[PDB]
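For reference, the structure is listed below as structure tokens.
Chain labels are A, B, C, ... in exactly the order the sequence lines appear. Chain A residue numbers are taken from the PDB entry; in order, the displayed residues are 16-424. Since chain B takes its numbers from the PDB entry, the residues it shows come out as 15-225, 283-706, 724-732. So for chain C, numbering is the PDB entry's, and the shown residues are 15-225, 283-701, in order. Just so it is clear, chain D uses the PDB entry numbers, and the residues here are 519-777, in order. As the structure lists them, so they are numbered: ligands from 1, and atoms in each ligand from 1.
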Amino acid sequence: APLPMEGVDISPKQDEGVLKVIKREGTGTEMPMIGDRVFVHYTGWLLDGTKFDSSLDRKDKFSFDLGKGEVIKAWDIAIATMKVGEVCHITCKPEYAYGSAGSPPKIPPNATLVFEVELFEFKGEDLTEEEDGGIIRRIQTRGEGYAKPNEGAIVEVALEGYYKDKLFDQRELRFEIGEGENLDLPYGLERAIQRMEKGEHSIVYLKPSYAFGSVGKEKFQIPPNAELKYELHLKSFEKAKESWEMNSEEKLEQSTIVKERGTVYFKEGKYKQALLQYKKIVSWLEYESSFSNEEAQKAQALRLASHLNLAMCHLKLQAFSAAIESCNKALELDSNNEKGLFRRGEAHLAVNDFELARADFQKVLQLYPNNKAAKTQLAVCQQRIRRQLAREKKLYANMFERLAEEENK
Amino acid sequence: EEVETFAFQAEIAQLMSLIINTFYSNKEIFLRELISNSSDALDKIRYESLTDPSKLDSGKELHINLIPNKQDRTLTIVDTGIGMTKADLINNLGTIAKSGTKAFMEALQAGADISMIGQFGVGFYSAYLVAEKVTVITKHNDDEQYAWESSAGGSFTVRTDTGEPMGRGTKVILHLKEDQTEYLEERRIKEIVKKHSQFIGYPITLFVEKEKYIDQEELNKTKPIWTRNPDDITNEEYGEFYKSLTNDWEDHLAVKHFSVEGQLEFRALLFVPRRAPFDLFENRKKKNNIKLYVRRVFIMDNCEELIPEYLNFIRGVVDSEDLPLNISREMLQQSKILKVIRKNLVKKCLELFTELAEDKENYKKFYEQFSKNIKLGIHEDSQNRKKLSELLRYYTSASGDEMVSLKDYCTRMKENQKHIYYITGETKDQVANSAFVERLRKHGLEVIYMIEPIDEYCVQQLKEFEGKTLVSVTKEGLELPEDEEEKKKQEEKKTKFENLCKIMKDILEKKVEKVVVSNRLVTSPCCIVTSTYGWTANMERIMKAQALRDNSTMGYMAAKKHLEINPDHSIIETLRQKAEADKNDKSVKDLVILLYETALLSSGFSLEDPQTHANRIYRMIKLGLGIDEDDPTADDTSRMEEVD
Amino acid sequence: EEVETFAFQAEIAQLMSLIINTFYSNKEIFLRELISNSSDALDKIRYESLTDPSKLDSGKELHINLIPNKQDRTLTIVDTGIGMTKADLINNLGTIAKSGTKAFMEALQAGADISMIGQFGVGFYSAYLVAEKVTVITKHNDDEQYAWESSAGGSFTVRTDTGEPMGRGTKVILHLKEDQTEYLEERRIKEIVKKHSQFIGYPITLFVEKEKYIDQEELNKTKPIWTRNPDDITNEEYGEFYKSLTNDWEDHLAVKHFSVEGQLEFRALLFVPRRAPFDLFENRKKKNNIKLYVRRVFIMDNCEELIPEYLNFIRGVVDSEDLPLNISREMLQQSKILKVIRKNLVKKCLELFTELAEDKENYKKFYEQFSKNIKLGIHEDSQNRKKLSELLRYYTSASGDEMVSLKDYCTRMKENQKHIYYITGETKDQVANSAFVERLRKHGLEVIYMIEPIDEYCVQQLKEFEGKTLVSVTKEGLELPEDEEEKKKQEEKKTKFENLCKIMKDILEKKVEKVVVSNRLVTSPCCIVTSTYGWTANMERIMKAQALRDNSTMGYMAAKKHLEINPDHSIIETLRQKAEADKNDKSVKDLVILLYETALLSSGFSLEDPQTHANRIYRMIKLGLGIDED
Amino acid sequence: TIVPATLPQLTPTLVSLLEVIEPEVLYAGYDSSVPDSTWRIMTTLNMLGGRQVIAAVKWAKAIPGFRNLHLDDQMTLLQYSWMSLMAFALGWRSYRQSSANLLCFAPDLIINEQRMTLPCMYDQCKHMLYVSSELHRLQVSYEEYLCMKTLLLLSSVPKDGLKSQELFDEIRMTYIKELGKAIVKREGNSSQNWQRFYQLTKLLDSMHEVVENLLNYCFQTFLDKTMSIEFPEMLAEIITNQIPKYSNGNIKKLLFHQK
Ligand SMILES: Nc1ncnc2c1ncn2[C@@H]1O[C@H](COP(=O)(O)OP(=O)(O)OP(=O)(O)O)[C@@H](O)[C@H]1O
Ligand SMILES: Nc1ncnc2c1ncn2[C@@H]1O[C@H](COP(=O)(O)OP(=O)(O)OP(=O)(O)O)[C@@H](O)[C@H]1O
Ligand SMILES: C[C@@H]1C[C@H]2[C@@H]3CCC4=CC(=O)C=C[C@]4(C)[C@@]3(F)[C@@H](O)C[C@]2(C)[C@@]1(O)C(=O)CO
Ligand SMILES: [Mg+2]
Ligand SMILES: [Mg+2]
């Protein structure tokens, strides 16, 4: 039924129409930050006891992004001022709801609405490619405009932070995005700076997959696979030109530069950086572009090199399944590429796909009978199979006899 | 202004031709019309004798005689009705649109029991559809016997008869055309007569010359009984009527006899047979076996508008005395009438079934024959869906071998049973032993077993019973009334096996949408469930098997398969440990596939290619038997280091 | 004896009542009739003007106007036809069943190119189905304007017309019944005209008021192209006609323009759609698609008698002059006529399909949408199996992805074949990899793959093709023309393998009919086959899903299962040796069942338990993982 | 002697599947006390547009049939119809909330006539309002709406065709059939259903005019620099990739009905 909400006063300084209501106390933990996804209870009453139909009427917790304005303002504020486990019923003053719009069918214009809010839990933003939580952002106070920097952009950011329980002092960074080792900083801060708005002030947490890796150095007392958190202030940037506005010339020119850079990174053992560089080829050349025949041929050579080296990087990085995908792309471009084929076979052997590994090493020899390594591989594959078969023979040596006995116990 | 006023005229010559050539589509009806005229002739004399018995001094037996004559190509019809005076003979047969019977009815007072067939005035002339010449002999009590003669030449004659006196009544002689002689055969006569007359209030005798002597065969032996008050009719009487009507050696299972008064007058008899016909859904003649009569004369059959198809097993008669007909008397003049008839017939059929259902033994006999029809009714009849559903019966996990109603379900069920649980499948045994119902059995919940293929459609349409929705135990997201402690334990277990969730999905990436940890399995290491939307197992096999279907729809509607893992099986725990130790262990890859294939079969899905299941098994058998490995098995360096 | 002679008379009051109340089944008809009367009026003057052009001095445009008037609750129809003289108003409208049209036709020279609608003399009065009063204004070239009026009360009047001049023609004004005013709506009028009279030769214009001005819309914009010589019609012209006729947006796939000139005369256009047709909107389900017209006027559109159901995707028009009609003009008299028409329509459809078959690409397009109908036509209508079967196409083991005719199979038969081999199943792939075709493949024999559920019904009629017998490769007694040396080897081996047949006959006694030593198999240890007479696994699985199933037929159609053993397989030899050593070895009892269950699945039978099968596997797996008993 | 049995018609669930698939209305806006500078309104709407447009992609991926098209075809169809879909979405929200000439973009922002300060809105709101007006006038149901929205996605192809063309054609007929059912279900009629259908097909075909007139202003706004307009990066990309397909005449309009 509707609550006697008329008996509750307004939260300090909430001229924003947010009620000082507590029905349940929380856990005592801190407040969510900007961008945090706060999972909440959400139900309530609309003006004068009108039922509010919502997701928790079926117990479905709502995921809310704080500070982005995706909900009516009074709700956004209640989240900012509430701790986990706390329950509030906010008599949202109309101006902080739908105003005079009268959002039909259930919101009268200039209506005071009562929303039941509970915080169950929250997380910061995932700034990573996959939902591993490798890079987490908690926005502190700032960020404006809709522009963000990208790879190749020159960025001015103030960086200060922590590792383990010790701090990095503050330094100003003026750099090209993607040059993680010439910041001598975690890979994750590239990926994170690329998502920052001008003036942005935020905290970014890094797990080992984004945190210092082979970029880690003992001078900071930080091992590879580091636990890190940093405070960043983005002041300005010069955004790099995008592929949708690039010329066919520029795409090949930049892909060539990247191939050379990727080659070096790979040779230096900087396989993640090499991988990151070779991917740049791929998007410039895979992106639709009208090339002359000469330009197209150059693009094909560059695309093949990326796909072959990406596979090579994946093999070094033990991403054998990724090596399969990248070498397959290389093989689509060149079906007899000795390196792509040999490497696909290696990736299969690496994960015990012995039969497939053999199929590829056999093909390498059919095309290249002198590939001594393919003979070596092929022979290993065969012996690995033989050993397993022997184990299976032993394993099931008396299978039927044992089952006949089990079935009669 | 000056206005000239004129009367309407008619051209007799053309009018006569239209009646003969454009009004009727089927020549056999000429017999119908002549018989109807005679039955009216008989009712009128009966009516008069009612107040003055001397009217029958000339003869008391009221009957109709049919006398074919092969030798002369003629057919004679003789009645014993009032007959006509010279004046009437001329005025009524010589005037194309006059009707003496209509005038008679107008003369009669309200309360008369007279119901007569006809009013149009043009029926007589239908004789010329088959006749070359027509002669009419008649004797009225108040006049001399006269003979009328004509052909449709535009004139006719009247002379005094010179032959044997008739006493009273009318004798019509047709001289048939040379190619219409089929109407002189006894078989054809009887067929026509049965089809169009049958419930005439007077007996009809057909006089047939045989090996000679005249065999006098009476037709119209069966009397209509729908005309009687039902209170007064015994079950034996209904049974005999039924058998005669349907030529069914067996009796009826149930009968409903009722009437409707006001606006449209009705009487009807609806019978439910004791056996469904073998061709119930196959015969291509029109499905509704309801015959419509007007003033006891057959009008129409095979009318789609009278009954919804799902009730096309009811046999019966509808009779009214007030509907408008077209000129040929072969169909109703206004279709809105049928709309009303249908509404009422359906309503009463449902009442019959409801009442029938109170007798459990008889209901079983009924249901066993007609449950298919009820189910179709659920799909199509949106108005009576809430009544039809109470006639459904199912086997359940509780019910032993008895079938029970949905109401029965819902009173045995438990306080937390906000949903009604059901399972579908090919047969009772498979369903009963299904993994999908074991958890439910553990907690004592009742599950409805739906077996017939048709049930897949009914569940769509039904949705809920008395506010409780139906849920499928083979879909994802099944809710059980679990304890909070149980829920917490189930969640704690999900922090384990995280690696198998991922590894198995990768092994089976191209085959399943998801791999999850579940709670509906308390036996079996795994099962396959379908997501909330799309075709489920059974729905898919049924659709695939239809003789006539477009398979292009199967590119849209298909199951999304999720593989559920039982964390408290020993196979799963062993795999967890083994896979964590080495995620690339070949034996894990192979056993995971084998479990998957097994799960498909046990969950109701076919295999994409059963041969390669079979081959996996054969391989294991060979190893298990010690088949020597001789048959089961056969047994520059820097180029790839180049950085480019 | 003196015999009196009398003429026949008629009662006018009753006659008028019958015409109005019990001749017509509907009310759409009154418009249908008035339009037909106008087109006749126009033809009469058009004809006369051919020998004397001055007839048109009073006006040259020949057309029909429809003018509803909501305010006065009236509807007016105006033609520009010949008109009527005072004498004709009396003789033709005042006399029931008088027909001026008929007399006109009789008075024509025999070669006049005239086809008129009418002869009964009663349609005019259909006006009273919707009117309370009817007023007719007319001008004939040889007379004064006159106004005829009647309420159909048994009299009518004639006055000299003192209103606006017409020049020439007839104007019919209906004063409508108070309760039937939907006929004044633009929507309703258009629906009626399009349904019944869209092929009338003279243009029809509907005049309505809207934001105001009068919107003058021509309704009959489509010409009856079937009247044209077929050689002069282009594909674009047929395509446009087709779209207009069917409210399609897609073109036609094929068309046959045909005519008959015998005792009956007619013309027809038959179209094959590029997509199977469907009921986009509510209509009678299974309505057929051939419309019948007489003298360009619609008569009926769902006469089942016209064409077999299997050809109901043909869309088309049949236009036939001189057929006898019912007084309502909604039905044909003498249904024997339809029998004749049906014979001819079917004959020509088959010729059309034969012609499509010449173009391989187009035939595929055809067949992809319509192969079901061909198959139904094999099953049904047996007199045409001899032609329909040549339109069938199947995938075979030798065709890759092409579908071929039975003629191609025949062409490729080996000299030792007397049989055409086929297999049925669920998918391509499940059949292609089947054990049942392995030996046939070994000997180079081609097998036809039948896939659709419908193929099972069809295959039972197609017993012979060009004298060759059609046989299945999943049944008992399959003949393959191999050398007798193989038979001798089996007889030599049966001496040691019958011991297993006997043991396996005791195991599984309740599940199979028999266990025999076979030779159809090469690599699998065993398989399950169907008896020579009985039903196959595919038949059972489809019968089980019919939904509208009987019960006695399910018992009846159950298959008999025979188990065949491959003697040469290593599993079977190991089994023979152990089984002979100990008949009751538990290991044998379970191995035999496992092989049986496996054989059912690979042979296409559903495994009915199915849980036991799963459980057997689970135990095998536990040992495979090193899991102990406890 | 064994003959085929007839079957009951299976009821399609395509409309209910779509109801499940459809995204929520997204919030966007600025405090109304901030002046309604033409450019502010536009930037706000571009940001809203970007988010709605991406939601429309997962929405499309979830659609039966569509999801089985080669990915390149899926992207092509999304580009060619993205404005038809957004315009239709706006027209719906507008007319459902009010009979007035309002453009209801988000629960946060509704533009009335006095706020249409952009020459484009002054000139083209008549089309935006037209769509709202027609949906209002025609009392369009939600089921019909969803069916039509799907068809708009399928309304255009390259003149060069699609790779999975023979699937595309299926899908199109499939949804035409579903719309026909959405109509029968609200009407209960016979011949009126074809008429209702044409009342609606004519929308879907006139939507091409609505889009092209707006499209030209959209391109002018993006390409020129007359106002302080920020765009989502994703719209900047679709705009420059789409301009040459459009301007070179490489897009084939599939117009369902003519007359
Ligand atoms: N056998 C008969 N005995 C006495 N009167 C007859 C007989 N047959 C016909 N009549 C008279 O001739 C009249 C004309 O009958 P007819 O059958 O032509 O038309 P109807 O029965 O009035 O019309 P309908 O076509 O509606 O049956 C009757 O109304 C009746 O008065
Ligand atoms: N608009 C007109 N202009 C000239 N003459 C007309 C017109 N309408 C009717 N007539 C005349 O009056 C007669 C009345 O014919 P009516 O339409 O009633 O019969 P019909 O044409 O034979 O129709 P049906 O065969 O359908 O009964 C016609 O034969 C014709 O001579
Ligand atoms: C008048 C045009 C049409 C506009 C769009 C119409 C459809 C639409 C509906 C919404 O719910 C949110 C944003 C969009 C998707 C839109 F509002 C903005 O993108 C800006 C837009 C292109 C436009 O305002 C411009 O030309 C300015 O670039
Ligand atoms: Mg009579
Ligand atoms: Mg006429």
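The drug candidate or drug found at ligand 3 is named dexamethasone.
Per the PDB entry, the macromolecule making the most contacts with dexamethasone here is Glucocorticoid receptor. Using a 4.0 Å cut-off on heavy atoms, the other chains next to dexamethasone are D. At a heavy-atom cut-off of 4.0 Å, the residues contacting dexamethasone are D:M560, D:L563, D:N564, D:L566, D:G567, D:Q570, D:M604, D:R611, D:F623, D:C638, D:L732, D:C736, D:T739. The bulk of residues of chain D touching dexamethasone reside in UniProt domain NR LBD.
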